[PDB]
Asker: 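One structure follows; several queries about it will come next.
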Amino acid sequence: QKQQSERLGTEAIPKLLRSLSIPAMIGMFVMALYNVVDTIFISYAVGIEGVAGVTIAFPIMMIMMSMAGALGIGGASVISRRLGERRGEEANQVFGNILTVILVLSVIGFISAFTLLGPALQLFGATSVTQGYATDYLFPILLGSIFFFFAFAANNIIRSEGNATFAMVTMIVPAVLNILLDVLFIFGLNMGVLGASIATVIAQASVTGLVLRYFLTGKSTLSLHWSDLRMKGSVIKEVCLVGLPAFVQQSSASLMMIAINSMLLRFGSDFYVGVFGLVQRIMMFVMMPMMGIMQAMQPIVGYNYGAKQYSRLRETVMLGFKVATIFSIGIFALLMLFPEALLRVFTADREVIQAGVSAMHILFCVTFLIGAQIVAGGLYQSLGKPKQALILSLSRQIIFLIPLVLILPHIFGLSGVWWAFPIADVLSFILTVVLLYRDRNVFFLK
Ligand SMILES: COc1ccc(CCN(C)CCC[C@@](C#N)(c2ccc(OC)c(OC)c2)C(C)C)cc1OC
């Protein structure tokens, strides 16, 4: 029991979404610029050698942040199921008792910096040029580690409460920084990769600072305590609980895209990695829409399961779905009428826009069914019974995917790239359908 600050606890709920969503929308989008507007730099004061350094370097940042991420979500979906179901103090407790396993690992990374770095780095596509670039990319971030975790944690918890607004600003602001901060090193000085890393730490420093305020200084939205508050909850079990399927979902993609990246180092030493790199943030970029809408329910379908207005959550979960679908068909078409002009960033051969958009064609007559397929994820995860979300993640990500690529690549062709996907996802979607008529209780309304 606590003081629900201006937790928008007030059930104003389909503008709860409206208002809740867009902030996501916003900062999500923003930082995505920083990528873009960062990397276009690394493609300058360095070439395409480092652009890949970066990209081989990438999955190892993901391996840390994944861990934090569970941690973050773990908290999110605890802390939501514990307001509404109004244990407002259990909350307080949790927040910090995460901060713990955080500050534990914020060291594990700092250690592994001075340790496991090169070891794993060299461990696959080690082009003696890019080898250093990834190294000089990766060393700082780990020094490093700390600011990094806190802030995705905080930004997850601050959603998990309600401050999508100050979220925005956990985003908007390393963002703007890390531009001018890059410019400052990268091109401004000459500390290239080596230094656009140190930029993107001095980013995560000067947030961390600010997050403390929205948890210490006029500690806003809610229960937020600092002296002995936390130690080592038996709730650590309770968050990992939740996070369990969360940090699979990364380690899944992540630990499978080390593969497809270093396997793209044996053929295309570099030419091709910064076209992995490239074709990603147009997946993610126009994933946002979806993602953002998701993160609106994150905590909405949080304080209404609790013990609260069940009646008013099926409302969410319907709308949840309802909207995502229209942006499902959306992305989809705009991902199949404009797959030309976005292959005009890819302007090369008249066979580049041939099979180069052959894949980019019916590879994605799946998109439109991805809307649900991904909403169903929050509403097993805000609702801290991620045991079916577990079940669910492993379906999409591995157990149907790889076994489908592998069962096409065992001689079936670069069609083994195609079918392997469009048809994988459908099964995940059909599965997901079943996981909801599984619970005539998320949606116990239509
Ligand atoms: C925007 O440009 C960049 C910014 C930061 C980084 C560093 C990568 N770090 C591991 C940051 C965490 C990855 C991050 C992304 N994208 C991310 C976190 C969790 C996710 O799970 C839904 C996620 O989706 C795969 C992405 C966010 C939180 C920054 C790379 C960037 O591009 C190479």
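Note that chain A carries the PDB entry numbering, so the residues on display, from first to last, are 3-448. Whatever order the structure lists them in is the order used to number ligands and atoms, beginning at 1.
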Asker: List the chief contact partner of ligand 1 in this entry, with the name from the PDB entry.
Answerer: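 Greatest contact count: BH2163 protein.
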Asker: Looking at ligand 1, what drug do you see?
Answerer: verapamil
Asker: At a 4.0 Å heavy-atom threshold, which residues contact verapamil?
Answerer: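 Heavy-atom neighbours of verapamil: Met33, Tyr36, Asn37, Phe60, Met63, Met64, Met67, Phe150, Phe154, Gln252.
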Asker: In the PDB record, where does chain A come from, organism-wise?
Answerer: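 By the entry, that would be Bacillus halodurans (strain ATCC BAA-125 / DSM 18197 / FERM 7344 / JCM 9153 / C-125).
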